[PDB]
Asker: 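Got a structure for you, written out below as C-alpha cells; questions coming shortly.
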Number of protein chains: 2
Amino acid sequence: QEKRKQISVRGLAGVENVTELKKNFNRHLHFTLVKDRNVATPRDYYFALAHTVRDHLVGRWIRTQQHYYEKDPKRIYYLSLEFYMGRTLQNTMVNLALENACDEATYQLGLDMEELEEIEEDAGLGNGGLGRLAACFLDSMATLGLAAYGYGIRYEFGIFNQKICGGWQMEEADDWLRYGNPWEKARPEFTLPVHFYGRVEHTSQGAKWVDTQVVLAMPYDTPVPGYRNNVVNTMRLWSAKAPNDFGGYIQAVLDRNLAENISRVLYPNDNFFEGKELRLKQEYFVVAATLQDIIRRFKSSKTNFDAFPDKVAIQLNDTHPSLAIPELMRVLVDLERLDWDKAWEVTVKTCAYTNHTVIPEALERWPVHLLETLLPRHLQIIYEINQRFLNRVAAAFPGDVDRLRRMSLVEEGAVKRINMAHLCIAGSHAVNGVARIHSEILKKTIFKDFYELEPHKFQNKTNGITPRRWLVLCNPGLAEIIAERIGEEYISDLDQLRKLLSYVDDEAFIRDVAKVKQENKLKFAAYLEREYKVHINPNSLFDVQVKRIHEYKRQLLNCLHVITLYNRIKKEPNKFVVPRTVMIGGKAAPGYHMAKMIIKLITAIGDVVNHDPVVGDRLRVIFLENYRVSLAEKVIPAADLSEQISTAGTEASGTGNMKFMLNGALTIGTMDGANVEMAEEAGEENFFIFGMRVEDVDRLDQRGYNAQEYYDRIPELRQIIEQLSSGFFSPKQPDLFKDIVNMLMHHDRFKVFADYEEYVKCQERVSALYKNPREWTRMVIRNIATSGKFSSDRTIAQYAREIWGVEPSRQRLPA
Amino acid sequence: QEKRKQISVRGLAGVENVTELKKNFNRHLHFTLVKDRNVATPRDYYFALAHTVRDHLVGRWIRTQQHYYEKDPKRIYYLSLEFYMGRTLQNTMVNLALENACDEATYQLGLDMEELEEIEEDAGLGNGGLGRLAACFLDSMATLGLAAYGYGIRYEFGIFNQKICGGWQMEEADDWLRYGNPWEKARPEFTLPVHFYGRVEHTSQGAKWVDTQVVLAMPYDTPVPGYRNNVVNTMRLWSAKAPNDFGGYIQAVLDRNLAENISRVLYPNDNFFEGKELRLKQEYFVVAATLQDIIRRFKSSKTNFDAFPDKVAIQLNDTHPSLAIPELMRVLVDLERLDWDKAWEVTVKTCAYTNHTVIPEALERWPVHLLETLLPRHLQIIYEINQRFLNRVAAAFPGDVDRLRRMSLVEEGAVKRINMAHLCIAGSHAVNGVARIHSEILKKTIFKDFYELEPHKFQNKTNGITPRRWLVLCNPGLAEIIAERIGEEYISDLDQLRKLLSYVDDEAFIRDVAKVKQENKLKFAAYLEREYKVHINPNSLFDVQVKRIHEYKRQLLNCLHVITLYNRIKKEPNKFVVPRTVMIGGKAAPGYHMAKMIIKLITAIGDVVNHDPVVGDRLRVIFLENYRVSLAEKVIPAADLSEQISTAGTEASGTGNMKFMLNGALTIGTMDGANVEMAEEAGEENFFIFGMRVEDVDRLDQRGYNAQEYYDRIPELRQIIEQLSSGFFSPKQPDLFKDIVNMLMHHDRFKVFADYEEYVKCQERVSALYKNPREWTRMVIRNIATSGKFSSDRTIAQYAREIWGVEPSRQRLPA
Ligand SMILES: O=C(O[C@@H]1Cc2c(O)cc(O)cc2O[C@@H]1c1cc(O)c(O)c(O)c1)c1cc(O)c(O)c(O)c1
Ligand SMILES: O=C(O[C@@H]1Cc2c(O)cc(O)cc2O[C@@H]1c1cc(O)c(O)c(O)c1)c1cc(O)c(O)c(O)c1
Ligand SMILES: Cn1c(=O)c2c(ncn2C)n(C)c1=O
Ligand SMILES: Cn1c(=O)c2c(ncn2C)n(C)c1=O
C-alpha cells in the first residue's frame, strides 16, 4: 500500500537513505544469509532487513554507553524475571525514523515490508502485565535519557504457544530462537560464575560460602532505543552455562544440561506462586550475575561503598528478584568486608520494591528447608535481617508481640517459610503499588503494619504503556490524524492529547476517528480469514476481552453476558439488537484447571451460538488463539469495547485497559485499578462503570457471599446455570462444566453473580450508544484525549524523581 | 616478523586488497562484534579477521553450487561420523591467496596475525586418523573440482580436551562453540525429520514404519575451499533438535534435551567399538537426514531411479554410516515403491565401503535386540538382504555351509548380532583398504570369503594427507625453499617433489633444509616455555611419537627404549650419546585403562629421567598435552625422528607417518601400513626399518608368543621390567605399574618384547647418522623428495576414477 508511505509520523524516505538501505539489504542477503534472489524466501528477506536495520542501532549503542562512562550518572538496574518485549523490527524503525525509508526501500526491491514484519517471532519472555510493564519501562527509560539497564534471563523457551484443539488449550514450546535472534549480541567474554548449594564456614575474618556447585551466567545484550533521542540502552539477559570443568564421561557431558536447564523455560504462571526449586534457582541466577556486574561497574567509576546508593538503584519487579537484598548484603559483608550496619545502610538506600497484586496465591513464600539447602548463607542473612528488623518493631511498638509475629520475615506453620514481600519491605527504601487504589489498599491491609512503622517508604506509581508501541507502531492511522491536528510532540509528551478535546465537535476529526477504526476492523477481520478461515461481521460491535485467563479477571462474567444475549435473541427473535462479535482471548497457566475449563466454555458457547441460524451474524463469539504482544497490537486498535471487569479490589492496575483507551475503544469495567483513574481523567460520564465498589465487596465478605440468593432472585441467571448444568453447551458430555457450576454456586471468591445484573444493564447502555455513531465517536474522542496520563513516560519520570533520585531528560544525544 | 611476509607461496599483498581488508576488519569490529579499539581484546581481533576472511568465500561458495546445478555432474556424498578439520582461518587464507595480504593488513593495524590465529578453537570433531582423513579428503575433493559433499554430525562437544594432572590424563569437555563458529552457516529452513523406535505394519501396498519418535535434523553448512581454483564445496553437519510438538509442561520442555543429546558429544573411542544405543542413534541420524537430501537433489535435477547411481555416489567412512544401505533400500522400496531387486541394483552401484582396521575390538557388531527396538524396519531389511546374499553364496559354492555361516550378516551366539562390515560388503560395489598391505591382508584373512565370491569388489586406496595443511600451512619455510627451486605447481601436484632429488648435493639446499628444521625446532621449544614453562634443549634430536594412545601402536615399546637410554647413561656416565628430547603425545579413550596407565608411565619415566643430574640435558622425556590437529601442525615440522612402531599387520595405513616424511623427519618404523610404501618410494636405505614383518608375527602366533623367553635372554630388558615391578618409577606406589608388567609378561597381543632388541639397535643407527649433520640432511632430502605419492589428491583421484566414476579436474572456475 502506498498510502502508508504518506504517513508523516513515519518519517522521511530520503533518496540516499533509501539507496543505502537497499545496498545493505542486498549485502546482508549475500554475505550474512548466503542467499541469492533465486532461492530467497520471505523469511530470508525479513532477516536481510532486520540485519540492515540493526546496523543503524550500533553507532548510537556504543556512543550511549560511552556517554554514560564519561558523565558517570547514577545507574538504574531494573531487575525482573520477565521482559515481554514482543517484536523489535518495527519498533527499531519507528524510534530511528527509518520506517518510511525502509518501506520505500523494500517496495523498490519488490517487497511488502508489512509481510516481512509478520515473520518475526515475539520475544515472549513474559506472562502478562508485569512482564510487559518491564518492556514498556525499558522503552520509556531510554526515551527519558536515563542510564538504565534491564536485567533478566534469556529463556530458551518463552510463554508457551497456545493451540486450541477440540475447544481446549494445548501447549507447545515457544521455540523463539529457532531461526536466530538478529537483535541480541552474545557476550561470552563477560560470563560470570553463580554458586548454588554448598555450606557456610564461619572462619577468622568471618563467613565463607564453600563446597558450591557453579553455574556460569552468559549475558546476551539487546539494544533498547529511545524515541529519536539517539539514545540506545541495554537489556542484558543471562543464559545458563555448564562450568568448564567437572556414569562415565559421556554421561558427565550430557549432565551439563541440568545446569543449563535454569535458563530453559519461563514458568508460565500469571499471578500465581509455585515453589519449585528450579524457579528459585532462576531467581538467584539473575540476582547473583546481575549484582556482580553492578559492583564491578561501580568500582570502575570515579573500596568505600558509602557512595554506592548515589551511583546505584536496584528496582525489584515484584519479589521475584528479592534475593538481591540478601545477595547485596552477602557481597558487602562476606567479600568486601563491611560491617553489617553500613552494609545495610547501603542496601536499603539502593533497593526499592514494586508490588503488583494483593492476591495471596501470587505472593512468594519459600520453604526454609529449600533456602537452607540451595542458598545456606542467604538464609543465615535473612534470619539476621529479621532479628534486627523485628528489634526495630519492638522498639517502635513496645509490647505488640502480635505485630512482631505478623511482620516477621519468617512465617510459622507445618512448613516454615520466608515471606519475600516482607524481606523486600525491610530491605527497600521505597515500596510502591501500581495504581492509586492498589497503593491505598496495601497501606490499609496487606502491608498496614509496615506502613505504620515506616509510612515514608510507601508510594504509588500508576502503571503506564509506551505510546510508541501502543499507538504509533500499532495504530499508524490514528497517530497520523492526531499528528495532523497537533503535530508530533505528543508521541513523547502524551498529555498533549488533551488538545484533542477541542475537536469533539469538529466534523472531519469525528469522521476521521471513525474511519480509522473502521480500517483497523476491516484489517483484523481479514486477518482471521487468511490465518484461521474465520468469518466475522465487520459491521458488528467488536467486544474484546484479552488478558490471561483468570477467576479474578472474570472471563466467566463475560460468558454469562454472552449467553444472556443469546437467550434474549431466542425469546424475542424479531427484536433488533446491535450486532456483536464477542472476542475473548488469553492463555491459561498449564496447571490452572478452572482457567482451562473457562477456555473450553468460551469455545463451547461459540459452538452453539455461531451455528444457530436464528442468530446468524447478529451474535458471534470467538476465542482468539495465542494472545501475545504481537496479537495485542492487531486486535486492540480494532476494538470498540474494552472488557475490564475484574472484581473490585483484585486487579492492582491493569495495562490492557490503557491500551484500549489509547486506541479508540470505550471501556466497560468495575472501579478497580487504573480504571478508577482512567474514568477520573476522562470523566465517569465517558466510561461504562458498573458493579460493586471495593467497600461493597467488603460488606458482602462481612455477611458472607451466598451465590444461591442471586440464582433464586434472577430468572435469566438461573436459566444460564441450568443450561450449563444440564449440558446445553456440552451435549455429548452433559456434566462437562459441573466444576464451573460448583465454583460459582459455592466457592466463588470473586462474586460473579453479584455483578451479573448491573453488568447486563451496563451492556444495554453500551449497545444503545453504539446505535448513535456520532455520539459513540464523540465519547471515544473524549477518551483518547484524556489517555495521556497512562504513558509509561509519566510513570518512569515519577520513578526517577520520587524513588531513584535522577532527573529525566528528553534531549537528543549528538549523532 | 616481516620475513614471513616475504614468503612468495603466501601470495601478493596488493595495495588495494590490503586497504579493503582493513576497512572490512574495522567494519566487522564495529557492526558484527559491537566493539571499539578501546575495549577490543585479541579474541575480538581474531573474530574481526575471521569474519573478514569468510566474506571472501561467499561469492565462490554460491557460484560453485550453482555451477553444479547447471552442469549436473555425478555427486559424491562422503558420509562419516567424524570430520577432524582443525582450524579454518589460515587454511582459508592459503586456498584464497590472501595470507600475505591479511598479514600486511593486520600488521598495519598494529596486530600480529600469528597471535590471532592461536585464538581459534580446533573443530575437533574426530578421534584420529579416520577423522583427519575425512578432512584431508574434503580439501582434496575441492582442489580436484569434484561435486563433493561432506556429511556428518555437528557435535556440540568434540574430542575431549586432555589435561595432565598428577601425571594422569583428565578429560574436560571440548566446548568448541563457546565463542561461536564464524565459518558455518546455520540452515534451519532445511531441517529434516529423522524417525526412531516405532513398529512395522505390512499393509496393502507393502510395509509402513509407524508409531515413531521424531528427532529433527538441522544442517549447518561449512565452506570447503580448493587450492586457488575458485571452487568452494560444502561440509554439511547435522545438529539434533526436538520436534515442534509434544511430569508436567516444564518437564516436557526440559525433556527436549533427550532428543538433542544425539548431537551432543563425539564418542571418544579410537579403533574401538562400544555398542551404546546413543552411538547407534548418532549413526542412524546422519544416514537418515543425509539420504533425504540426496534423494531430493536427485529429483530436482535433469521417479525412475535407474540413473540414481550415475548421479549419486555414497562413500562409507568405515561401517559407522553402514545403515545407509538398509536406509536407501527402505526409501526405495517402502516410499518410492520400487521392486526390491531394482532397488538393490541401485543401492550396490551407489554405495562403496572403506575399511580402516583388521583389529576385532574396532569392528561394529550390533545386538539384534537393539536394532529391533530402535530401527525395526531396518532389521527386517537386513535379514532380507542376508537371505538373498547367502543364496548367492550357496549358488556360487554349493554345499559350503561353513562359508554360509562365516559370511552371514547375522552372527550367532549368546547375543545375536549384525556384522556391519558384512552388510557393507554385500551392499557396496567397492570395498577398499587404505594401504597395499592392509588391502592384501583383508583379501587373505578377514574378508577372504567375500574376495572369493566377488574379487572385483576389492580395491586398494593408499591413504594421503593434504600438502596444503600439512606443508604450506604448517611449514611455510620448507614450502618456500622448495618453491625457490621448483616453483609452486607442486602444491597441487606433489609428485613434482621428486625434482628435489637433483639437489642431494646442492650445498645451499642442504643448508636451507637444515636451517628450516632448526627454525621450526626453536619455535616449538619457545612454545613449550610460554604455554607450559617446559625447558627443552634445542640442540637435541627431537624424537616424536604422536598419535592416539594404544597397545597396538606400542607407545610402550618407546618407553622401553627411553628407559634403556637412561640406564645405559647411568652404567657409563662418561660416554657420549647424541642428546635427545623424546616427545610422546596423544589421548587415551576415557575407558581404556592400559592407555591411561601408559600415559602415567611416560610421565613417571620423565619424573626420574628429567631430574637426574647425571643425565642433565642429554636426555629429556616429555608428554605433549592435548595432541590435536593444531598441535600436530606445530610439533611435526619440528621433528627429527618419526616414531611409527606398530606391530606389523596392525596399523592399516597411518597418516601421521606421511606428515613427518613431508616435513623433514626421518622415520623409525616397522614394515606396517603405508610405512611399507613410504620406504618403497624413498628406498629402504633412507628409512630406519626394523622388527618382525607380518609373516614373522604369524610364525610367533603359530607356536605361541612367550614373553618370558625374551625377558630370560635379554639382560637390559629384564632390568627395565624389574625397575617397573619393584617401583623404581613409582616410589610412593611400588605396585602402580603391575598391570602393565602383567600384560607384557602374559597377555601382550602386540609382542613388544619380540621387537625390543632390533628396535634398540635401530635407534643406535639413528643416533649414529645424527652425528653426521650433512648425511642426516641428505637423507631427509631423499625423503621429502619422494613423499609426493602420499598427497590426498592422488588418493582422491584414485577414488574418483576407480570407484566413483568421475574424472577429477584442477581447472579454475571463473571468479
Ligand atoms: O490481514 C491483514 O493484515 C493482518 C492483520 C493486521 C492488523 O489487523 C494490524 C496490524 O498492525 C498488522 C496486521 O497484519 C496482519 C498480516 C498478516 C500476514 O500474514 C501478512 O502477510 C500481512 O501482510 C499482514 C491485511 C489484509 C489486507 O487486505 C491488507 O491490505 C493488509 O495490508 C493487511
Ligand atoms: O612460541 C612461538 O610460537 C608458538 C609455536 C608455533 C610453532 O612451533 C609452529 C607454528 O606453526 C605456530 C606456532 O605458534 C605458537 C604461538 C603460540 C602463541 O600463544 C602465540 O601468541 C603465538 O604468536 C604463536 C613463537 C615464539 C617466537 O619467539 C616467535 O617469534 C614466534 O613467531 C612464535
Ligand atoms: C489455583 N490456581 C492455580 O493452580 C494456578 C493459577 N495460576 C497458575 N496455576 C497453576 N491460579 C491463578 C490459581 O488460582
Ligand atoms: C580394551 N580397550 C578399551 O576398553 C578401549 C579401547 N579404546 C577405547 N576403549 C574404551 N581399546 C582400544 C581397547 O583395547
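Chains get letters A, B, ... in whatever order the sequence lines come in. Sequence positions for chain A are given in the PDB entry numbering; the residues included correspond to 7-252, 260-315, 324-836, in order. We number chain B the way the PDB entry does; in order, the residues shown are 7-252, 260-315, 324-836. Both counts, for ligands and for their atoms, begin at 1 and track the order of listing. Atoms considered below: every heavy atom in the structure, side chains included; atoms not considered: hydrogens, waters and symmetry mates.
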Asker: How do the PDB entries name the drug found at ligand 3?
Answerer: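 Its PDB name is caffeine.
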Asker: By the name used in UniProt, which chain has the largest number of heavy-atom pairs within 4.5 Å of caffeine (ligand 3)?
Answerer: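 It is bound most extensively to Glycogen phosphorylase, muscle form.
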Asker: What chains, other than any belonging to the drug, come within less than 4.0 Å of caffeine (ligand 3), counting only non-hydrogen atoms?
Answerer: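 Heavy-atom contacts come from A.
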Asker: Checking contacts here: is it the side chain or the backbone of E287(A) that comes within 4.0 Å of caffeine (ligand 3), counting heavy atoms only? Could be both or neither.
Answerer: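 Contact part for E287(A) vs caffeine (ligand 3): neither.
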Asker: Find all atoms of caffeine (ligand 3) within a distance of less than 4.0 Å from any non-hydrogen atom belonging to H571(A), and give their numbers and elements.
Answerer: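 Atoms satisfying the 4.0 Å criterion: 12 (C).
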Asker: Pull out every atom of caffeine (ligand 3) sitting under 4.0 Å from any heavy atom of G612(A), numbered as shown with elements.
Answerer: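 Under 4.0 Å from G612(A), caffeine (ligand 3) has these atoms: 4 (O), 10 (C).
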Asker: Considering only non-hydrogen protein atoms, determine which one is nearest to atom 7 (N) of caffeine (ligand 3) and report residue, atom name and distance to 0.1 Å.
Answerer: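 Nearest protein contact, heavy atoms only, for atom 7 (N) of caffeine (ligand 3) is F285(A) CB, 3.1 Å.
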Asker: Which atoms of caffeine (ligand 3) sit under 4.0 Å from any heavy atom of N282(A)?
Answerer: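 Heavy-atom distances to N282(A) below 4.0 Å select 8 (C), 9 (N), 10 (C).
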Asker: Give the residue and atom name of whichever protein heavy atom lies nearest to atom 8 (C) of caffeine (ligand 3), and the separation in Å to one decimal.
Answerer: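 Of the protein heavy atoms, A610(A) CB, 3.2 Å lies nearest.
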Asker: List the closest protein heavy-atom neighbour of atom 12 (C) of caffeine (ligand 3): residue, atom name, distance to the nearest 0.1 Å.
Answerer: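 The closest heavy atom on the protein side is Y613(A) CE2, 3.3 Å.
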Asker: Which chain positions lie within 4.0 Å of caffeine (ligand 3) by heavy-atom distance?
Answerer: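 By heavy-atom distance, those would be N282(A), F285(A), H571(A), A610(A), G612(A), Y613(A).
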